[PDB]
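Every chain is numbered from 1 and lettered A, B, ... according to where its sequence line falls, protein lines coming before strand lines. According to its header, this structure was worked out by X-ray crystallography, 2.4 Å. Ligands are counted one by one from 1 in listed order, and the atoms in each one are counted from 1 as well.
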Protein chains: 2
Amino acid sequence: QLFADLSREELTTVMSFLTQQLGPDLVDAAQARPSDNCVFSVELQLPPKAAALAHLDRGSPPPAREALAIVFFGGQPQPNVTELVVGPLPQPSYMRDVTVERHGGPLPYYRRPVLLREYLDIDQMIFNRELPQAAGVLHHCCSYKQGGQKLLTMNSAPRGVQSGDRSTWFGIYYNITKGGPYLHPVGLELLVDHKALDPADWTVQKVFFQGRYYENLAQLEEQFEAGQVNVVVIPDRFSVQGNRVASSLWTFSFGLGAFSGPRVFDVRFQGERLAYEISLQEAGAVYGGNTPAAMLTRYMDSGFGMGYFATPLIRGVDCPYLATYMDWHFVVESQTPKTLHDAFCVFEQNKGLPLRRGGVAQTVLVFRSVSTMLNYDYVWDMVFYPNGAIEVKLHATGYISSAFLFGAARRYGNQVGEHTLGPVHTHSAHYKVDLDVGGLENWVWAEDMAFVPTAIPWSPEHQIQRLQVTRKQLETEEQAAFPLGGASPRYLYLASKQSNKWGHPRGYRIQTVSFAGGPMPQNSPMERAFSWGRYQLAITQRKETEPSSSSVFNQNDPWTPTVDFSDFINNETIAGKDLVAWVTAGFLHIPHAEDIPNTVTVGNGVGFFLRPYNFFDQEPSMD
Amino acid sequence: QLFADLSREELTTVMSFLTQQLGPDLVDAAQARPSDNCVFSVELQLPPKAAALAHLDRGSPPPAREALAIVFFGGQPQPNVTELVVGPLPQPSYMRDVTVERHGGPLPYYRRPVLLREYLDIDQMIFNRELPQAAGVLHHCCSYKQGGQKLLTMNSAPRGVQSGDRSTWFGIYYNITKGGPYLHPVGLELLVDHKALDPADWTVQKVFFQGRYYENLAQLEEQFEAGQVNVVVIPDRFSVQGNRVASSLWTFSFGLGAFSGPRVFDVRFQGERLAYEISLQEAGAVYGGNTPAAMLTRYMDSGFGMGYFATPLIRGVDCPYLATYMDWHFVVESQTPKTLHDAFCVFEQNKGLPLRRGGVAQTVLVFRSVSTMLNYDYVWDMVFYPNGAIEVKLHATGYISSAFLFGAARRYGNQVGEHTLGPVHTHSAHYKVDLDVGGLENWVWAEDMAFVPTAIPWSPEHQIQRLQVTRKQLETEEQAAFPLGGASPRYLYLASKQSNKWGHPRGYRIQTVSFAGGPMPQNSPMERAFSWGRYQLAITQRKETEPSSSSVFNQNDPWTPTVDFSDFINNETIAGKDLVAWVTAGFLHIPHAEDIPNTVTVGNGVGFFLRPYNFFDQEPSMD
Ligand SMILES: *[C@@H]1O[C@H](CO)[C@@H](O[C@@H]2O[C@H](CO)[C@@H](O[C@@H]3O[C@H](CO)[C@@H](O)[C@H](O)[C@H]3NC(C)=O)[C@H](O)[C@H]2NC(C)=O)[C@H](O)[C@H]1NC(C)=O
Ligand SMILES: *[C@@H]1O[C@H](CO)[C@@H](O[C@@H]2O[C@H](CO)[C@@H](O[C@@H]3O[C@H](CO)[C@@H](O)[C@H](O)[C@H]3NC(C)=O)[C@H](O)[C@H]2NC(C)=O)[C@H](O)[C@H]1NC(C)=O
Ligand SMILES: Clc1cccc(Cl)c1N=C1NCCN1
Ligand SMILES: Clc1cccc(Cl)c1N=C1NCCN1
Ligand SMILES: [Ca+2]
Ligand SMILES: [Ca+2]
Ligand SMILES: [Ca+2]
Ligand SMILES: [Ca+2]
Ligand SMILES: [Cl-]
Ligand SMILES: [Cl-]
Ligand SMILES: [Cl-]
Ligand SMILES: [Cu+2]
Ligand SMILES: [Cu+2]
């Protein structure tokens, strides 16, 4: 319960403490304007490892239970975003601004995530005071307002060309609310500068219509009237109790980061802790296209929220009928705690494949949850094997984002329908794998194979390409940073100080199970924000100053990243320290006809494996 | 059903015809000595494709149903192995020799696989003539027959250092009869020369005792008696009619080659053929060590028989209790047909993960078979997805090979017991994927992603790394032969002539999934026999003269291979021809403590994916 997500009651307490303690008068974030003071979110502040392990292993008292509140200070001479550490629960006595502490300075107010109320005010502007200025061309293309269809908007990110920018390409789509929302692009995109704290000052800085750009909608309308614009017509055996799952072989505390997504703590196999924490850090997406949004889009999904955008799992569909179903509570953009029903599910999965052949079939423990944004869907799986192996997979599915088809559009994807292109994109996800193999003190090994031509002892006149094992202990972080798209040692394992019964260092190896979306060139002005994408796998010294490889604040200002993961790799020693492993997994997705109306989970996904390597003395037991 | 394996009735008739034609001097292969004449095996002769398709598609009469008989002609001045085509079934009248026609000449007698009678005769020699010579050292190390555990022999291959050799290193192991009978290597290996036609003339050419090499066993005993030898004492919807599966979505004819292994013909998703044939071709293993057998062993398992060594599927273990099980029939080293009970199992598996999202469940059809040699176990999987996708998967499991632990043994693996090493080795499998995408005439496309620094259209001063698609039609065989370990197109697919509704070439893409082992250096004078291991993927024109990428006769003479796969690649055009795909999957295996007593199929193994890429005009429907 030192890893348990804040209870609904706990959420209320922090919210009450803020109102009573904070000098500035706060507005409900659900109805907050840019120049208002509001609480964006409050959630569990993860405890220090040292105090947690002291409690977990040495019977010391639990660490002070704390919450981290994100506050939008827009109602002052100089607006800022402030992170407040509140605690200790159940009854708070302090409220510490750790902003400067964690980031070296203040959080620029433009890095703050776009409020829901900000989206709605952007819609008012578009529908009420922008779109009508191009009714003639909209009536023409898309039966606009004339007893015809309803249109809707799509968001994109980041929002500008440099730091300080808050200008978003919003696309116009049909409001067909069936199997596919952004499957009918109108080819009309609007660049709305919404950086100003006064919405009446927001403007459209440029328009994109079906191929070409215009300064504003008034310019587009007259060229249309003047018959100067060509318009394309668009038609249409284990027990969950609290945060703790316990089987005969496994024990772990689970949870959900409102921004970082699904996580698991204190992973113990048969009483022995394998890892302190296995958590999702960030989910990314890079697009390509000849239309603005698809041309520019680079998603750092934690800027939105993997937990905040998690959905209830449908019993029988998302998880087996006899699965265990847990709820989740959150305060993001609200006054009162909200509850997500069936956010998680744990169940037993008979693989149907013989685990060993006298033997028995492969039965697995599965921890699952789903994040959904605009209908796309990430299904996050954590599977725990009876032999001590852990499997972490990601599955993408749902509706793809679309682009209006014009010109050399096929240079950026495939046609999936009339006037519709499926733009290229790569999916990526970052995981923090804080293995504690045989305790804190860890080393890193790189074992692989080699063929060396040597003479045959019984026939020295003949040679034989001798297959043999190479081993190397990595000394610095730099040696253990493995570039995506390159080759890493086939057996890369974190080992303990001690060895097994046979003299081999007790180890758990990480096996990356993911094809290669393929890294963004470091020449990209925003690549630093997702520099975790450079590596297939990286090992660093765990620090309390390095809790995440990304940040909520990166999405809207990637040009100056709040968290630049590459900074973590700094030539420090990794021999005999508390080590963390960061795994990047993903794939290239060139959309195709089969992806319509939905992209299916067909395949076995993308992720990695954690497997015992000289950790036990022989094949372990099982119930 | 012209792809059906020969029935028992057919197997009997061919043997009768073969006995009548081949004089009165034939001998039951089960009891034949090297100088005898016997029928090694009789199995189905795969029909000509043109005639097969003409029958299936154009209603033309079925092509002649034939069998292939391998005959060991050791009874003559110049002994050879002969391949005979026998037909037509059901009542044969001819028996033609296709040996020269297929192999450019005679099959040398030393290439023939080692008969079971030959092995038993080798054991006799070892236990009657050989071991007794070293009774003193065996009593001391291994309680030879002093109330101690019994000894057995372990085979290895190839058998020599050059073409023409039949000299095998047999290892001596305790026969506990519990768990791994191969977990107790004594450190004694005999290099027996069983080349000669007269067993009485067979000799041991060298002996390896626990690290040291000796000329003969007597010398080893002599050396020991003189106290010049240290001895380490060793302790102690769908149904299936005949050969065809018929789900609501799929149709195919399954079978099993006596040597090649499991195979599928006439694969049809919703009535349309995707592939004429998908079959296992060869299974390989490459070891390392400082002990003889372990250092020399390179396997081409079809020399023993993936089918001949197939095992009964344990209901409720290898396949769900209520799956559909099918028997198999064969004649190998027997003049009477044998039955392999429950050789196959076909079943639907609820994937346990939603196909799409509320949404729909994901269930697959699974065709399984298991090959077993000395308790080491290949489980062959081909899963057909409701969306037209096909997953071919291989898992290994069971008892690993052990070696006597001495010297720089850890350079060749890990100690897994007392005086026991787990030698390094790679596993590999070759599959023949004859895709007929939209018909015979097929092309090959290479698709991937790329970034191009381009100015932002709405902000000229700034740049954006523009993600885009690259497409390239491959023209010759050499272009489609991608080296194992290197990087290849993320989107390589065979395409028909027709485009989809949207104008994209209808194709099925080959996504190769493996932690590929690591190719044997081409400097090795024997890797030519398994030159298929060079490429993770290769595409060649289909040829009736290139039915397989390996041969039963490769194993015992890899230095002059009967089939050298790379010969297929000869700069021929692959633009609008009958194309065949060849896929290599494998992995490096450094044995660990968890492999004892036996290694688990944990995770998912190795193989590949066949995915529809613009083959349809939208997501396919299900029934
Ligand atoms: C982001 O904005 C935050 C909220 O405006 C700033 O935090 C506040 O700064 C205030 C002004 O300095 C502090 O007020 C102090 O409180 C005393 C009463 O105790 C007043 O009399 C003083 O005017 C003032 N004292 C001074 C000069 O420090 C608040 O204590 C403080 N509020 C909280 C909750 O921290 C941040 O400074 C700003 N971030 C950055 C880094 O600029
Ligand atoms: C591998 O061995 C095979 C059998 O030992 C050889 O093939 C045999 O050779 C026989 C004698 O040369 C053939 O008999 C000849 O052919 C006709 C056909 O039946 C016979 O009537 C004749 O008696 C004889 N020729 C003449 C004119 O005297 C056998 O037909 C044949 N046996 C079988 C069953 O195939 C192969 O030659 C040898 N491999 C090679 C290619 O060298
Ligand atoms: Cl949430 C999700 C699921 C699958 C693929 C992507 Cl790229 C996703 N990410 C986003 N969707 C729109 C904003 N981010
Ligand atoms: Cl048949 C099999 C199953 C699993 C692994 C290997 Cl290397 C196998 N191959 C051989 N075992 C002994 C002869 N070859
Ligand atoms: Ca660091
Ligand atoms: Ca650690
Ligand atoms: Ca060829
Ligand atoms: Ca073909
Ligand atoms: Cl494992
Ligand atoms: Cl970019
Ligand atoms: Cl697919
Ligand atoms: Cu996608
Ligand atoms: Cu193995």
Enquirer: According to UniProt, what is the name of the macromolecule sharing the most 4.5 Å contacts with ligand 3?
Expert: Primary amine oxidase, liver isozyme
Enquirer: Which drug from the list anagrelide, clonidine, chlorpropamide, alafosfalin, phosphonoformic acid appears at ligand 3 in this structure?
Expert: clonidine
Enquirer: Under a 4.0 Å cut-off, which other chains come into heavy-atom contact with clonidine (ligand 3)?
Expert: A
Enquirer: Taking heavy atoms under 4.0 Å, what residues and nucleotides bind clonidine (ligand 3)?
Expert: A/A285, A/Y299, A/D301, A/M373, A/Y376, A/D377, A/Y378, A/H427
Enquirer: Give the atoms of clonidine (ligand 3), by number and element, whose distance to some non-hydrogen atom of A/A285 is under 4.0 Å.
Expert: 7 (Cl)
Enquirer: Using a 3.5 Å cut-off on N or O atoms only, is A/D301 in polar contact with clonidine (ligand 3)?
Expert: yes
Enquirer: Which residues flagged by UniProt as binding Cu cation in chain A come closer than 4.0 Å to clonidine (ligand 3) by heavy-atom distance?
Expert: A/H427
Enquirer: What atoms in clonidine (ligand 3) come closer than 4.0 Å to a heavy atom of A/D377?
Expert: 3 (C), 4 (C)
Enquirer: Any other ligands or ions closer than 4.0 Å to clonidine (ligand 3)?
Expert: none
Enquirer: Would you mind listing which atoms of clonidine (ligand 3) come within a distance below 4.0 Å of any non-hydrogen atom of A/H427?
Expert: 5 (C), 6 (C), 7 (Cl)
